[PDB]
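Risedronate complexed to Farnesyl pyrophosphate synthase, as determined in this entry.
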Protein chains: 2
Amino acid sequence: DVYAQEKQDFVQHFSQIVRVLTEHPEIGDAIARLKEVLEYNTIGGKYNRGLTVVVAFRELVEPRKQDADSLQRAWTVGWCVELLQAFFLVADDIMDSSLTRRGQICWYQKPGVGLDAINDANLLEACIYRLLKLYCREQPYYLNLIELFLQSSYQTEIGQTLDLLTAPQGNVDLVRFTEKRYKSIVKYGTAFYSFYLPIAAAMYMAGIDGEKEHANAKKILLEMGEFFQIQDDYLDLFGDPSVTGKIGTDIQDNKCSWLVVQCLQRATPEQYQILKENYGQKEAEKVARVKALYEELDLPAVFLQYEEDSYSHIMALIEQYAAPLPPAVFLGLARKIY
Amino acid sequence: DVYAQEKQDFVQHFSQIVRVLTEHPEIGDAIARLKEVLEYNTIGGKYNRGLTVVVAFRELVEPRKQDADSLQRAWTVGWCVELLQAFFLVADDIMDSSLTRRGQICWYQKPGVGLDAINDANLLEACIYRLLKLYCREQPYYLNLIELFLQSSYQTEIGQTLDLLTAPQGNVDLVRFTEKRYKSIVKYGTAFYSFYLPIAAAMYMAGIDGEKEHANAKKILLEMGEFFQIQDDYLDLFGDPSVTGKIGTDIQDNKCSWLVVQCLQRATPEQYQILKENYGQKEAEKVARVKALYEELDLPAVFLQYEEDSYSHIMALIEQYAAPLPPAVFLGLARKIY
Ligand SMILES: O=P(O)(O)C(O)(Cc1cccnc1)P(=O)(O)O
Ligand SMILES: O=P(O)(O)C(O)(Cc1cccnc1)P(=O)(O)O
Ligand SMILES: [Mg+2]
Ligand SMILES: [Mg+2]
Ligand SMILES: [Mg+2]
Ligand SMILES: [Mg+2]
Ligand SMILES: [Mg+2]
Ligand SMILES: [Mg+2]
């Protein structure tokens, strides 16, 4: 894989990221807490989002212009994307009352952390702009990158807002769980930061700043992002936690999941009442009841049929909109998620 | 007052700020939640930080260059400072387990809000960069302002980190509460965003971007910021909530307050044990015991003597470092806080 070939170097750059962010002795204790937050949260993942920056940079920039300093900036912008995601996940885990993430207990669930994690999450976000300034201040794409990361934060936060509004705690209303709402949540909430942001960063780094090029790129990447969140919802309930590294909470959290949307599209009036009585509640028995209904409506086969249809749809979109970028930029990402 | 003369216009500009931030129908519900967050949080205060931008702009820019569009940008950057503070306070109220703010219950304490306020706080932060782009994108000071707001967030977050580390819940250790630590907390945590940020924004807007000018300005403004946080700590316990609009929690929160620092400097071994047994705990009786010790050590008179010494010290600093800026830029702010 083109990701496996660049992974080792990317992960080894993390030490430099941390050292640079850790180097006024009065704030030494705060800096040690930042190091602890960085090391706990921005490490233990697959680093696919950050790697997508590095890989896309190598495919878009002329090898002659891929010098030691330009590669360093690519690895740094890659780590900036991982830091953005670390910021969102630390905060999303509090708001979703999650237990584990990347095989360990959620940072806020750690004794002595608690709601202090809210500030820790904001520090991770601040670190992006610290790194963009330290490594890209003198580059012509500097402001493009600042604006792209700020826009990515706004889009995700709007998406998280739709997510929380559609999922009110202890307010069970399935009328809100529609396909139109679902696609809107995921587009803003996941698709921009997970797929548009990494490729767009490498594009700007390669001097590709044209609105039309970014629009064409966005058409493919937002559609891949939608499949990716549908996969995330599927794995929340039917995935193996020893593989996902996290425990699913969508049913207990009354989330507008792809699965509840598909359940509602296929449920008889009798099945609708079962779901109405058991969804969005903490009881193990009620959550087990919902999973049984999903299994009875054969949603895992519906997801597998969707994964196939989605893949063929995204491939058709790469054929239509990849030009003038190398199709490999999008094919490498499509192989990693499908 | 130079603030009273510009207040009405500034507060009336809020409607335009909200309309511009509220104007893709799919995200309509999220936008209505953003409007609710803006209206609840960025309104009910004294708006002194945002007003400081407007007033300083008028004193630094040549009246001939103070056209309709430039004034609009000044009111917008002023509202951006209020939005930064709204972001910090919504999150600080969760982390400090506060009850009220600006005469109403804390946004997170509202039924149906809760930990969703974490995302609401991030949306308020995102709104700054939305406004800076909509109104200052074509201005030569655009990047200066972006960097100044991002640096302000980082500084405050580092300061909040020192604050939370020095105040561990249920871990009563007075050994941490030193004057060196106190000054470090407040400098990063309050002084940069409250006093440096507003004047620096107006300076950049007036084309004053010189490092030496910003350094001289910072020397006065960080010292004013220190007095202001000392005043905030004093009012936390001895202020009138019907005037402050908020209930104090520093004693129950085990905070490194200016008052606990002064108590420790003057306490006998016997008085140290009383404080050790009663500080950083929820019991009304224990909090009453701490306030009695502060009254016995005559800390309100120590604060009044400090307010006098501080004022004379800041005035001496305006004489030394105000040039070439009009001393009125700093005198107007000193009258508002002293
Ligand atoms: O990692 P998670 O919690 O499974 C998730 O994908 C995390 C996340 C955070 C922010 C934006 N998008 C996705 P969610 O949407 O809560 O299902
Ligand atoms: O408004 P508060 O809570 O009295 C305060 O001043 C708020 C605040 C928030 C962020 C940075 N600085 C001050 P604090 O420091 O918690 O005493
Ligand atoms: Mg989650
Ligand atoms: Mg979530
Ligand atoms: Mg999930
Ligand atoms: Mg507070
Ligand atoms: Mg606080
Ligand atoms: Mg206070």
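To find a chain, count down the sequence lines: A is the first, B the second, and so on, and within it residues start at 1. One-based numbering, in listed order, for ligands and for the atoms of each. Determined via X-ray crystallography, 2.1 Å. Just the heavy atoms: all of them, side chains too, but no hydrogens, waters or symmetry mates, feed the values below.
In the structure shown, the parts corresponding to risedronate are ligands 1 and 2.
Other chains near risedronate (ligand 2) (heavy atoms under 4.0 Å), by letter: B. Contact between B/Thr190 and risedronate (ligand 2) is present, with at least one heavy atom of the residue lying under 4.0 Å from the ligand. Residue B/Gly189 places at least one N or O, backbone or side chain, under 3.5 Å from an N or O of risedronate (ligand 2). Per UniProt's Mg(2+)-binding annotation of chain B, a non-hydrogen atom lies under 4.0 Å from risedronate (ligand 2) in B/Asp92, B/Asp96. An N or O contact shorter than 3.5 Å links B/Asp96 to risedronate (ligand 2) by distance.
Note: other ligands/ions under 4.0 Å from risedronate (ligand 2) - ligand 6 (magnesium ion), ligand 7 (magnesium ion), ligand 8 (magnesium ion). The PDB entry names the source organism for chain B as Homo sapiens. Nearest-heavy-atom check against atom 10 (C) of risedronate (ligand 2) across B/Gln160, B/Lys246, B/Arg101 picks out B/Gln160. Taking distance alone, with nitrogen or oxygen atoms compared against 3.5 Å, B/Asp92 approaches risedronate (ligand 2) more closely than that limit.
Using a 4.0 Å heavy-atom cut-off, the binding site of risedronate (ligand 2) is formed by B/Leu89, B/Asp92, B/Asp96, B/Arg101, B/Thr156, B/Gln160, B/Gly189, B/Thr190, B/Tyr193, B/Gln229, B/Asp232, B/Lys246.
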